[PDB]
Every structure is written in C-alpha cells, then in structure tokens.
Amino acid sequence: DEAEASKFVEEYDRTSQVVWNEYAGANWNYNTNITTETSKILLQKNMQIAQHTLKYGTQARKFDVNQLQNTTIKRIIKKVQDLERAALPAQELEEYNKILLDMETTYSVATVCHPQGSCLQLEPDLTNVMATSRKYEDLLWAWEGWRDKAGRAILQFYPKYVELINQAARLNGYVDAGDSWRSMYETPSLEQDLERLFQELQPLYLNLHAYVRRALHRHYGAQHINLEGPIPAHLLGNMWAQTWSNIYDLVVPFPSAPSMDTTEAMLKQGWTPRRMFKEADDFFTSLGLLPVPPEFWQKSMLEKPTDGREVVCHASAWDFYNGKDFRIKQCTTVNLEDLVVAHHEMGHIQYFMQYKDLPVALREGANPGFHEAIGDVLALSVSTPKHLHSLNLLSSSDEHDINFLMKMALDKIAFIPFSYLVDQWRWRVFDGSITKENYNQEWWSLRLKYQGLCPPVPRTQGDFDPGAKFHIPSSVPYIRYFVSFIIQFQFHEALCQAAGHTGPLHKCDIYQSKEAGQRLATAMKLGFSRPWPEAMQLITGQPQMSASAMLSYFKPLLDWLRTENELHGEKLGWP
Ligand SMILES: *[C@@H]1O[C@H](CO[C@@H]2O[C@@H](C)[C@@H](O)[C@@H](O)[C@@H]2O)[C@@H](O[C@@H]2O[C@H](CO)[C@@H](O[C@@H]3O[C@H](CO)[C@@H](O)[C@H](O[C@H]4O[C@H](CO)[C@@H](O)[C@H](O)[C@@H]4O)[C@@H]3O)[C@H](O)[C@H]2NC(C)=O)[C@H](O)[C@H]1NC(C)=O
Ligand SMILES: O=C(O)[C@@H]1C[C@@H](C2CCCCC2)CN1C(=O)CP(=O)(O)CCCCc1ccccc1
Ligand SMILES: *[C@@H]1O[C@H](CO)[C@@H](O)[C@H](O)[C@H]1NC(C)=O
Ligand SMILES: [Cl-]
Ligand SMILES: [Cl-]
Ligand SMILES: [Zn+2]
C-alpha cells in the first residue's frame, strides 16, 4: 500500500515535469505571439496535458487516502485526485478550452477608437489616459469605450464558461467552482475570516473615500460630485478604480511640499524596462535571496514588442517546471507604478526558484495570497522616500510624512474593497445566486456597497463590465489579492522587526537585511507542503491573518484624515 503510493508520486512527478514544461512553452508562445498557428498548437497541448491529468488522476483516486501513513504522499495524492477541467467529457473539455482561449484573446486584442481617429489599446494607451487625463469627458470616453469593446464582447461566452467550470468542479467533488477555489486555502472559516478583515479596514477606507471625494468635488465641479454619494468610477486614475495613486496630484495633503516628477526623473536618467527588473533583482539579492538565472534575461518579454506581434500584455510570471526556466511577460512602462509591478512579478519568480526542488504538486504558495504578497513586501521598502532618493528619483517633516502615507494609501487602502468584491461576485455567479439576467446589476451593487462607486454612464442590457477586468475572462481567482494586501503588511512589520527597525512602521526599509531575507526564504521553501499557518508563523511568529499591521502602518494617516474630514464636516459613506 505505502510502497505503491510512493512509487506513484515518483512517477507522477517525473512525467508531469515533461508534460507541464511543453504546455507552458506553447502557452507562452501564444501569449507572446497571438496567431492562428500558436493557438492551434496551444489547444493541442491542452489535450496532451489533459490526457496526462486524466491518467494519473484516475489512478490517484484508486488510493484510499485515509489508509496512507506518510503525510506528504497523502497530500500529493489527494491533490492529484482533482482532475480540474480534465474531468469533463471530451466534447465539453474541447468547448471549455475554446471558450477560455476566445475570452482571453478577446480581452487582450480589444481596442477603443476615437471617433474617426486612432484606436487605442489598453496598455499603454488607455492606461495612460486614465492615469493622466483630468478631463471628465475624456476619461468617460476611455472608461465607457473599454467596457463597450472588451466587456460587452465577453458576455457571449460567460454563461457557458460558468456551466462548464462548475460541471468540472462537481465532477471533482465540489458543489461549484467557487467552492473549489476557496478550498485552495484549506480554511473552513475563510468567508468569516475575510469578512472580519474587511470590516477592520472600514474606518480607513471610509475616511480616505470622503477625503478624495472632497478633492474631486474641488476639481471636477459641484454639479458632478455628490458630497454624500458614491464617486464616479472613472475619476480615480485607474481603469477599474482599484488603485488611486495616479490622482495623488489632485489630493495632496500638503501641497507646499513640491512633488518631484518621478516618471520624468526615470526617463531623464535613462531608466529602461531592463533597468527596472535589474533593480528588483538587486533588492532580492540584497536580502540574501536568489538572483534570477541568466536564462531569465534572455527569454523574458519585459516590454511590448514593436514587430507587429499581438501579445497578452497583462503582467504575469511563468514557471516552466524544469527548475531552471522562469520568465516574466510584462508590457512594462518606465514609471514608478510599473516599477512596483515589476517587483510584484519578481516576487513570483523568487517563489518559483525557492520551491523548485519540491514535487511539482507542491510547487505553489502556502496559499495563493502568499504568492501574491512576496514582491509587494519589497516594494513597500522601495517606495519609501529614503529608497527612492537613493535611486535619484526624489529630492532629499510631518508634511512630507503625511504626504507619503497618502500616496501609499491611495493604492493599498483603496484596493481593499475592490479586491474583496471581485470574488464575492464570482462566488455568487458560480453558486447560482446571480444569473445572466443580473450579472451586471449585481456587479454594480457590490461596486456601490464595498467601494462606494457609481458608473458615470447608466449601464444597459448587453453590458458585462466584469468582462473588462482581465481576471474575469482569464478565469484567475481574485481573493488572493485581498489576502495579499492584508498579509504583506504583517510580513513587512515582522521583517522590519527582524532587521532591527525601530519607530514608525512606514519608515522601515529592509534593503540588504539578511535576517529579513532568511525569514522569507524559510517560508517560501515550504511551497504548498504544509498548511499555510505554518508559513505565517515562520515569518511573523504567529499563525493568523490580521489587519493590525496594516492599521499600525497607516495610523498617522487615520488620525490626519479624521481631523481633516471633521474640519470640513464630511458625511462618511454613501446613504
Ligand atoms: C514522507 O515522505 C517524504 C517524501 O519522501 C520523498 O518522496 C517519496 C515519494 C520517496 O521518493 C522518498 O524516497 C523521498 O525522500 C519525506 O520527506 C523527505 O525527507 C527527507 C529526509 O532526509 C528529505 O531529504 C533531504 O533532501 C535534501 C535535498 O536532497 C537534502 O539536502 C537533505 O540533507 C540535509 O540533511 C543531511 C543530513 O545528513 C545534511 O547532510 C545536509 O547538509 C542537509 O542539511 C535531506 O537529505 C527530503 O527532502 C524530503 N522530501 C520531501 C518532499 O519532503 C518524509 O521524510 C517522509 N516522512 C516520514 C515520516 O517518513
Ligand atoms: O493587475 C491586477 O489586478 C493585480 C494586482 C496587481 C498588483 C501589482 C502591484 C501593485 C498592486 C497591485 C498585480 N496583479 C496582476 O494581475 C499581475 P499577476 O502576476 O498576479 C497575473 C497572473 C495571471 C495568471 C497567470 C499566471 C502565470 C502565467 C500567466 C497567467
Ligand atoms: C509568431 O508566430 C508565427 C506563427 O507561429 C511565426 O511564424 C513567427 O515567427 C512568430 N514570431 C515571433 C517573433 O516569434
Ligand atoms: Cl467596472
Ligand atoms: Cl485565490
Ligand atoms: Zn501576482
């Protein structure tokens, strides 16, 4: 019994490395060169990997996991018993794969055209418009156009996608696809735990929302901002209003402190996409963590091709399951926002390298939120005025202090409600609570309820605004990013204490701390081999998710915001 199970996992591991490596190659080749040919190859490799999953998953299910003694083997076999989409009958699997390909392609090639003019792609063009334009009608054209062309075009696929991903989930023992996604956390109390974390961030978010709302009132006019209502969703500097720091110029707490134009500084100093990833690589090795291999620099796609290729620009980090080949695919722009994204992606890469010697079934983060958080942790230190000054991107007070926390909060605090609601919506689609009759109406009920946002143009039949957000057509879970924003502050607090930092948490910069790197390395090397509380305990000395670190980080800003909003008589929220 035990020996057959040991031999099975050994055979599964050596055969999976080969099949997954070939699939990743074809998937990469399509993502970096969308053509009829690369798609057909990709759909073909999808059947090869499905055949492999079906063979070994079927055998995995013949083992009584209850009777297995070794806990590691037990854990691998139980995981291999989930065939995912390979549980579907051949017809449904082919349909599902084609639906996923059509949805992701549709999103990644959509364009928005000026009337009788040029057509803009999401990256860099529409992203830049949302970030820099300060004109209501210009932002409205981009915001509505992107949903008309990306969102509406996904709607025809989504009901069948839901049917098929749910059918696969049920064939693997779950009640629907959202049940299966939540199980990735191995936490029966996940929904309650996440809800309590969200509620703990309400004071900060409501106060930030009211303050930003007041500033938008000042710039966009009293006829267009209701000081007791939700904020129009196109005015926050980002296509999904998920992060707000691109409107920092409109909301500066102390404008007497002049802001240095960081984008012009990077450009003026010759920064390139390569330089940005090199700086991130240097931060990782400064902690004693691993450098990316030479292969990474030869094979990655660090900027948008200029040779006619159509590509998937949305940033992602790729493990090719051979322990040597790791790559980033990002249409990088030279600015601070994408430097932070670059660090985010390099954290994925770091995780891949740290757990590369585990069995492939355990080459995942402790939970998906851990995988999303690593790069963000370092980026917190990178974003400090001290570190940015050392990169010659800033010029060397309480005013500057509150200014910096506001910049951070526009990204870290504003993202909390957005990242919470995406899968609140999808979980209820998957469990049948939301039908295609009210996809979009229920999306905006959550946009209002959690983010306090409203659409600038009333939605109509045919709209499918969730389809205008990458992770929806690409079928990538989102609660991981909510978890990441909570725990990345817990990790920051812990590493800063390990590094000997005293004083306000937001002044910590862990650059070159070997003590901090070692905490992270010991956790990352566990991969998915243990329940995630153990990785949490290795980093922080305790096992729970907690918002206390994030609240401690932003405490000075919470006090400043309350005083400011009180002074102006704001009514928090949106009744
Ligand atoms: C339950 O099973 C797991 C997994 O076993 C592994 O997979 C099976 C399918 C089968 O192939 C097994 O043969 C195979 O080991 C066990 O977990 C493994 O435990 C061993 C314990 O030694 C670990 O071995 C380590 O491997 C490292 C990389 O090669 C190596 O560096 C380590 O050396 C360290 O210690 C020596 C001591 O002399 C020191 O000299 C070194 O400098 C270094 O510190 C060590 O040899 C495996 O990595 C583990 N693999 C996994 C996946 O966890 C587990 O022990 C078992 N449980 C029970 C109760 O039997
Ligand atoms: O864009 C978003 O919405 C979120 C939030 C953003 C984060 C970055 C730093 C600053 C704060 C926000 C990062 N991100 C991403 O999707 C980037 P990924 O690599 O996780 C996207 C991964 C998609 C799945 C995948 C995996 C491997 C290969 C191909 C596809
Ligand atoms: C893109 O794919 C086509 C067809 O597979 C191929 O001929 C072409 O060389 C590829 N381009 C690049 C830059 O790899
Ligand atoms: Cl939207
Ligand atoms: Cl997740
Ligand atoms: Zn990520």
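Per the PDB entry, chain A residues shown: 40-435, 439-617, in order. Remember, it's 1-based here, ligands and their atoms both numbered in the order they're listed. Heavy atoms only: backbone and side chains are in, while hydrogens, waters and symmetry mates are out.
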Fill in: dibekacin, dovitinib, fevipiprant, amiodarone, fosinoprilat - which at ligand 2
fosinoprilat
Discussion item. Could you tell me which macromolecule makes the most contacts with fosinoprilat (ligand 2) here? Its name in the PDB entry would be great.
Written reply: Angiotensin-converting enzyme
Discussion item. Can you walk me through which residues contact fosinoprilat (ligand 2) using 4.0 Å for heavy atoms?
Written reply: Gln281, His353, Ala354, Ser355, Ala356, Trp357, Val379, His383, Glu384, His387, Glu411, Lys511, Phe512, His513, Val518, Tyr520, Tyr523, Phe527
Worksheet item: Which of the atoms of fosinoprilat (ligand 2) are close to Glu411, meaning less than 4.0 Å from one of its heavy atoms?
Response: 20 (O)
Item to complete: With heavy atoms of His387 as the reference, note each atom of fosinoprilat (ligand 2) found under 4.0 Å away.
Response: 19 (O), 20 (O)
Fill in: Polar proximity fosinoprilat (ligand 2) side, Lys511 side, N/O cut 3.5 Å exclusive
yes
Item to complete: Please check atom 27 (C) of fosinoprilat (ligand 2) for a protein heavy-atom neighbour under 4.0 Å.
Response: yes
Fill in: Proximal atoms of fosinoprilat (ligand 2) relative to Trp357 (non-hydrogen, under 4.0 Å)
28 (C), 29 (C)
Worksheet item: Where, in terms of UniProt domains, do most residues of chain A that contact fosinoprilat (ligand 2) sit?
Response: Peptidase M2 2
Discussion item. Could you tell me, atom by atom, which parts of fosinoprilat (ligand 2) come under 4.0 Å of a heavy atom of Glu384?
Written reply: 17 (C), 18 (P), 19 (O)
Worksheet item: Relative to the heavy atoms of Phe527, which atoms of fosinoprilat (ligand 2) are at a distance of less than 4.0 Å?
Response: 11 (C)
Worksheet item: Does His353 reach fosinoprilat (ligand 2) with a nitrogen or oxygen that is under 3.5 Å from one of the ligand's nitrogen or oxygen atoms?
Response: yes
Practice prompt. Report which residue and atom the deposited model joins to fosinoprilat (ligand 2) by a covalent bond.
Written response: none
Worksheet item: In the protein, what heavy atom is nearest to atom 20 (O) of fosinoprilat (ligand 2), and what distance, to one decimal place, separates them?
Response: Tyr523 OH, 2.8 Å
